[PDB]
**Q** 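Structure of interest includes paroxetine; see the questions below.
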Amino acid sequence: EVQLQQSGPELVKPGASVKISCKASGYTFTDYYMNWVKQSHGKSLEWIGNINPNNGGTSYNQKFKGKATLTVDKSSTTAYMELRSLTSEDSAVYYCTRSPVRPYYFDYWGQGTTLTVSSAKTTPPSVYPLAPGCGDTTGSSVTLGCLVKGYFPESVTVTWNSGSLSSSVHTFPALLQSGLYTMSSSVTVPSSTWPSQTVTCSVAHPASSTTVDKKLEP
Amino acid sequence: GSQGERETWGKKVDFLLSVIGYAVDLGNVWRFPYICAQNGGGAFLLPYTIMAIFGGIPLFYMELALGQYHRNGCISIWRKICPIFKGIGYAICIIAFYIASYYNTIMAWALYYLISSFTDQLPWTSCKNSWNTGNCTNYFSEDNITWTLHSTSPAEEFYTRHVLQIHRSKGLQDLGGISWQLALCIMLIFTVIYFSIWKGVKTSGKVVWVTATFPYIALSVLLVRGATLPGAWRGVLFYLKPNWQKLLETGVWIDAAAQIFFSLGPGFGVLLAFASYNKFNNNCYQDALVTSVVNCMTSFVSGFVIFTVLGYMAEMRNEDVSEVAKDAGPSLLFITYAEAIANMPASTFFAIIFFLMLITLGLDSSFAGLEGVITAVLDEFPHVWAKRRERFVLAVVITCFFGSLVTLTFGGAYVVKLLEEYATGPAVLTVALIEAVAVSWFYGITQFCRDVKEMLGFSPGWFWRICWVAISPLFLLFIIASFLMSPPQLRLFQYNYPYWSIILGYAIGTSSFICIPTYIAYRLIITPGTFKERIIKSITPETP
Amino acid sequence: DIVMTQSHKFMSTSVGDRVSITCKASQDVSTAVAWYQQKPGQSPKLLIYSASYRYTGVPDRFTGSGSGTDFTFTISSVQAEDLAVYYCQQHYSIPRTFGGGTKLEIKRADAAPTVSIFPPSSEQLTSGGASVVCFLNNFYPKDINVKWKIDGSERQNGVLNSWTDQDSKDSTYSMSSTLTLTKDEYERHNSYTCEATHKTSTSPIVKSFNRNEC
Ligand SMILES: CC(C)CCC[C@@H](C)[C@H]1CC[C@H]2[C@@H]3CC=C4C[C@@H](O)CC[C@]4(C)[C@H]3CC[C@]12C
Ligand SMILES: Fc1ccc([C@@H]2CCNC[C@H]2COc2ccc3c(c2)OCO3)cc1
Ligand SMILES: *[C@@H]1O[C@H](CO)[C@@H](O)[C@H](O)[C@H]1NC(C)=O
Ligand SMILES: *[C@@H]1O[C@H](CO)[C@@H](O)[C@H](O)[C@H]1NC(C)=O
Ligand SMILES: [Cl-]
Ligand code: NA
């Protein structure tokens, strides 16, 4: 139905510029204001500004005046947001959200765009299989894991067997240290499917465009 | 012998209410509350009054004083003061024409509304009409409704697709043809001013009795009406909330100066003409003082009259009245305010007295507007004129009709803006500036104080003196420079005017000004002797 | 401008209980407040618009009330999947501002933490490193102590604790205790032990393994 597909994550050096797209679909694109909301880590939502797709009627925020530039294309129904003079504060998640003129609510949002502003080198993640020992007591359920060590930025995705199944997967948040992140993943699966069948964790790092798959071995 | 001395006013109150009638118009109603609530809110009162005291009042009283003292027209008074600036009287005559081309079309709109308000159910309430689109969405209709960029209200649809039919024009380029209804409306207007001006000050002074008193009544009714409305405190809050930081803006003062000037309109020769037909013994100082204080206070209460209803309208919707008050102009009264009074009990009443109030506001101002020019030409071409007054009045009026034919078009509204912003404003300021400088410097402010000293019996204060010598020409000079420096990109109804419009505007701005330097050239070219001799005799007034 | 203030950054409730989040605005707003529900890792979802009106696709258990400055978002039957951060937002004056955000934490009965210790893989030993892991799954509340023991001695250096957010199914927190060490130091010790102290029981849960090929 109504979908707002934004662009992927971006790692950019301070002082440079960055552009974010927003492919809108499922509705009449010219019938609604296109807004952009900023969300800092652990902070609240922050309205950057809107734009009228008809004539490019941009209405910015005083806090973002000269900081953000909204554009629009009707030929492909896609709204863009450009940012210049990038700092550490701009390192936040950005959403493009549809809104009527009245009442001015944000009915449909985008999936989000993770922006990281740092001069730190793009570091590939180290994937190390976290398997239980051979001396452990096999109970009604076995917990497995996969370790991701030393990568940048926080853009990473750990999947398990093409997302089937994952009804008991505990994913642990990334921790930052010495300019590199480190996270871990776990999954609780019964003992009647291990080590009989095949279980493999997939670690994907979009910023470095890498994908390492590791199968668990006892 | 024969005619000789000119006629006089039938009563003091007649011409008092007459100049009050001229002073008060549309702009007093919607212009001042907008520019006020926009520029620092209530704090806007602080510079506005100043620009009045230091700027508006001195020009006003000077114009009036010259008028009652010399008893001459806008052209003939320069013959006996500074002949070279006689062209001033001509310039105004052109200016007024440019003003009379759009000013009465607005009243024609209000008249179309007035005659369209006799129906039990007002047209701009429903969407089931012959001019509404599929975008037309109205109330007493399904709730939860969510407005769309392309959606349009039945009032906006009514004003847009019917009385204006502005959708039938692509802009200034293609605006034809003519909406004959507004032609009949403005024809009726030219008729009702024709029968209110043709005889002179005797009739005008009596029609003004109605045209100048009724607007206050209607403002009182809409005042007590808007006050009893729920959530009306929002518009008043937004209207008088002090934003002293906005006083730091160098612009606001300009807005205030321009506002008070163009709502008092001194040096336009109309006040001169209205003052011409009065007693020499009669005082005019008190007159000017109070009179001004009326155009102004009237504006102040008009602010409440508008923003109470705008507040209620912002209450039925969702607040930030500024949003419901984004667009300033004819749309504020003809769309927002009309749609606002539409959702009120006995809406036919408030509608009729509302648009009737608009017409009633424009009528008197128009009376005086033509009256000044007519008086000017009659006094300039006496005997050569006055065979009948209805002849010349008929001529200038039908001339104003043919002038308004460009404005009666579909894109006419466009022109209304183009003429209101580009043409008139800068020039009048200019001719007012030249006039003030010519009376204060050329004629000598000393001899002027001697004339007032012979008029009222006492010489005018040093305050008025320093105001006339310096403060007032600086007051006009300010608005002149600020205007020229920043000509306005102007927009109307989701349509930005072409880049070249200003050029066109400047034409309309200069086509009225070309007469005075060419008249100076005609005088200095005709006057024998040397430049200092001919210019010295041209600086010196008529001996007889 | 307008300041939307959510005085309570956190609010505790239980499954099935009646919860209500407040929202304070700078000035009078009449009935122009919208409530959004942002689940961890998802985009903000519109629930309420214009104080009381619900948006399409929003369950009956979500309601809104208030008119003026103080506004209230009410949930009668809190579910496990209702775990999210709720924001309130004004929609009348430019610019549109949001509330600070009220994170809704779910209160339930205590749960025993399933602890599982993990030995360094060969792939990590090849690189020259060795990290002993200690998973703590399905427990409540968040407050829990984790103590490490390399060889009976309390290890405190090189320990990183990572708490996840609450669960959307059983509402149970889960954390990971990581002990990163070098290969040389790893091959000089045998039986590793990680223990956890929770309020569920006085006796800490102790997990241990041997380096000598498990
Ligand atoms: C009253 C008289 C003296 C004013 C004439 C001044 C002339 C030069 C001005 C007035 C109106 C102006 C025109 C207004 C309309 C258009 C159409 C546009 O597609 C090209 C510009 C153009 C062609 C302008 C050119 C300049 C213009 C012709
Ligand atoms: F340029 C300016 C001319 C006149 C003003 C006046 C200021 C005070 N209130 C009335 C304003 C307009 O009055 C009219 C109405 C019809 C007219 C007219 C003037 O001239 C010929 O046709 C302001 C500015
Ligand atoms: C509604 O307006 C849009 C543009 O404002 C227009 O394209 C559309 O045709 C209109 N709808 C109808 C039914 O005319
Ligand atoms: C509420 O209004 C929107 C406007 O787009 C409409 O799509 C929706 O159907 C309305 N709700 C209901 C229940 O009809
Ligand atoms: Cl005023
Ligand atoms: Na006026």
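By convention here, the chains are lettered A, B, ... following the listed order of sequence lines. Residue numbering for chain A follows the PDB entry, covering 20-237 in order. Note that chain B is numbered according to the PDB entry, with residues 74-617 shown in order. Here the PDB entry sets the residue numbers for chain C, with the shown residues being 21-234 in order. Just follow the structure's listing: the first ligand is 1, and inside any ligand the first atom is 1.
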**Q** Which ligand numbers or chain letters correspond to paroxetine, including copies?
**A**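 The relevant parts are ligand 2.
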**Q** If you rank chains by contacts with paroxetine (ligand 2), which one has the most, by name in the PDB entry?
**A** Sodium-dependent serotonin transporter
**Q** Which other chains are heavy-atom neighbours of paroxetine (ligand 2) at a cut-off of 4.0 Å?
**A** B
**Q** Which residues of other chains have a non-hydrogen atom closer than 4.0 Å to paroxetine (ligand 2)?
**A**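 The binding site of paroxetine (ligand 2) (heavy atoms) is B/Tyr95, B/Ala96, B/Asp98, B/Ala169, B/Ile172, B/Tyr176, B/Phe335, B/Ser336, B/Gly338, B/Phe341, B/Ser438, B/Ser439, B/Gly442, B/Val501.
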**Q** State the other ligands and ions under 4.0 Å from paroxetine (ligand 2); answer none if there are none.
**A** ligand 6 (sodium ion)
**Q** At under 4.0 Å from paroxetine (ligand 2), measured between heavy atoms, which UniProt-numbered transmembrane segments of chain B show up, counting from the N terminus?
**A** 1, 3, 6, 8, 10
**Q** List the source organism for chain B per the PDB.
**A**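 The entry records the organism as Homo sapiens.
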**Q** Which of the Na(+)-binding residues recorded by UniProt for chain B place a non-hydrogen atom closer than 4.0 Å to paroxetine (ligand 2)?
**A**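 Of the UniProt Na(+) binders, heavy-atom contact within 4.0 Å holds for B/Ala96, B/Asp98, B/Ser336, B/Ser438.
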